[PDB]
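Among the contents of this structure: saquinavir.
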Amino acid sequence: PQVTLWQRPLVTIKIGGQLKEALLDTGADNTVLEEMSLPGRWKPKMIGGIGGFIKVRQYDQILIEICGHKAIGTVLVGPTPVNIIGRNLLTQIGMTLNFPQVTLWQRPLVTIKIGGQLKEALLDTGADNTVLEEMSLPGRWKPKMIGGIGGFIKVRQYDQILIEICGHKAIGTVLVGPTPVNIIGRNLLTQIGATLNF
Ligand SMILES: CC(C)(C)NC(=O)[C@@H]1C[C@@H]2CCCC[C@@H]2CN1C[C@@H](O)[C@H](Cc1ccccc1)NC(=O)[C@H](CC(N)=O)NC(=O)c1ccc2ccccc2n1
């Protein structure tokens, strides 16, 4: 299957005998599922996202079927609003990002040029929006709040901003605020023809 990014890239998963929907998330290092019944031992862990941290239960060597593809890996369970399939499992199902083809054994980082400045950013199929660290941008902005796995942050919203993503030009909305990682979300991924392939 090839997947464009005009909509959230959702898949059906089977785990612990149960069926769920989950987000294919190139921006996530880990796989994090809403609270659910799994069998066996687990270790406590803390994981960060936009908004802060959540406590999760870590289950190792869990079998999961992702759209009919089997993988064994670590699954985290806790207070996430969305089930997310992260790179630890995406690699096991041959997932690639294409716009250059990009495997997911490492974070899919790209160089961007925005506001006359060069930065590195994460290609993030799990993000609806594009969120950049604090930086100087010109023009009017609007206040907004956006949510992530740890809660919410306040950002400045800039509309109709020109960004160059690995040489490919897009114009769209960019949010600026206290994110720890520059994130290219689906609003801009679609403009550079990014697709998920597995
Ligand atoms: C960026 C924004 C527009 C706000 N969108 C989102 O945040 C949506 C929100 C959704 C609902 C809540 C549950 C997660 C999904 C997926 N996310 C996108 C999703 O891609 C998100 C993007 C991201 C990457 C890095 C740092 C922060 C945020 N990744 C994550 O939340 C995963 C969670 C995990 N595997 O532990 N975070 C990381 O993989 C990760 C990597 C490095 C880090 C360094 C320092 C601090 C935190 C770090 N977190």
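Residues take their numbers from the sequence shown, with the count starting at 1. Just so you know, ligand 1 is whichever comes first in the structure, and atom 1 is the first atom listed for that ligand. The basis for the numbers below is simple: all heavy atoms, side chains too, and nothing from hydrogens, waters or symmetry mates.
Going by contact count, the macromolecule most engaged with saquinavir (ligand 1) is what the PDB entry calls Protease.
Within the 4.0 Å heavy-atom criterion, both parts of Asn30, backbone and side chain, lie near saquinavir (ligand 1).
Of the protein's heavy atoms, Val82 CG2, 3.9 Å lies nearest to atom 11 (C) of saquinavir (ligand 1). In the candidate list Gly177, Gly86, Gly27, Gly48, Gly48 is nearest to atom 49 (N) of saquinavir (ligand 1), counting heavy atoms. There is a protein heavy atom closer than 4.0 angstrom to atom 22 (C) of saquinavir (ligand 1). For the residues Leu76, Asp25, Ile153, the heavy atom positioned nearest atom 19 (C) of saquinavir (ligand 1) is part of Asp25. Distance remark: protein heavy atom present below 4.0 angstrom from atom 8 (C) of saquinavir (ligand 1). At a heavy-atom distance under 4.0 Å, atoms from both the backbone and the side chain of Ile50 approach saquinavir (ligand 1). Within a 4.0 Å radius of atom 43 (C) of saquinavir (ligand 1), the protein contributes no non-hydrogen atoms. Contacts between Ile84 and saquinavir (ligand 1), counted as non-hydrogen atom pairs separated by less than 4.0 Å, involve the side chain only.
Those atoms of saquinavir (ligand 1) that come under 4.0 Å of a heavy atom in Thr80, given as number and element, are 13 (C).
For atom 31 (O) of saquinavir (ligand 1), the closest non-hydrogen atom on the protein side is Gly49 CA, 3.9 Å.
Here atom 40 (C) of saquinavir (ligand 1) lies nearest to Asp29 when heavy atoms of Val32, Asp29, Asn83 are compared. Protein heavy atoms are found inside the 4.0 Å sphere centred on atom 16 (C) of saquinavir (ligand 1). Saquinavir (ligand 1) is approached by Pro81 to a heavy-atom distance shorter than 4.0 Å. Near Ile47, meaning under 4.0 Å from any of its heavy atoms, are these atoms of saquinavir (ligand 1): 36 (O). Residues of other chains with a heavy atom under 4.0 Å from saquinavir (ligand 1): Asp25, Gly27, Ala28, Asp29, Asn30, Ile47, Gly48, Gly49, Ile50, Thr80, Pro81, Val82, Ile84, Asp124, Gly126, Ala127, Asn129, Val131, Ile146, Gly147, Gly148, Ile149, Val181, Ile183.
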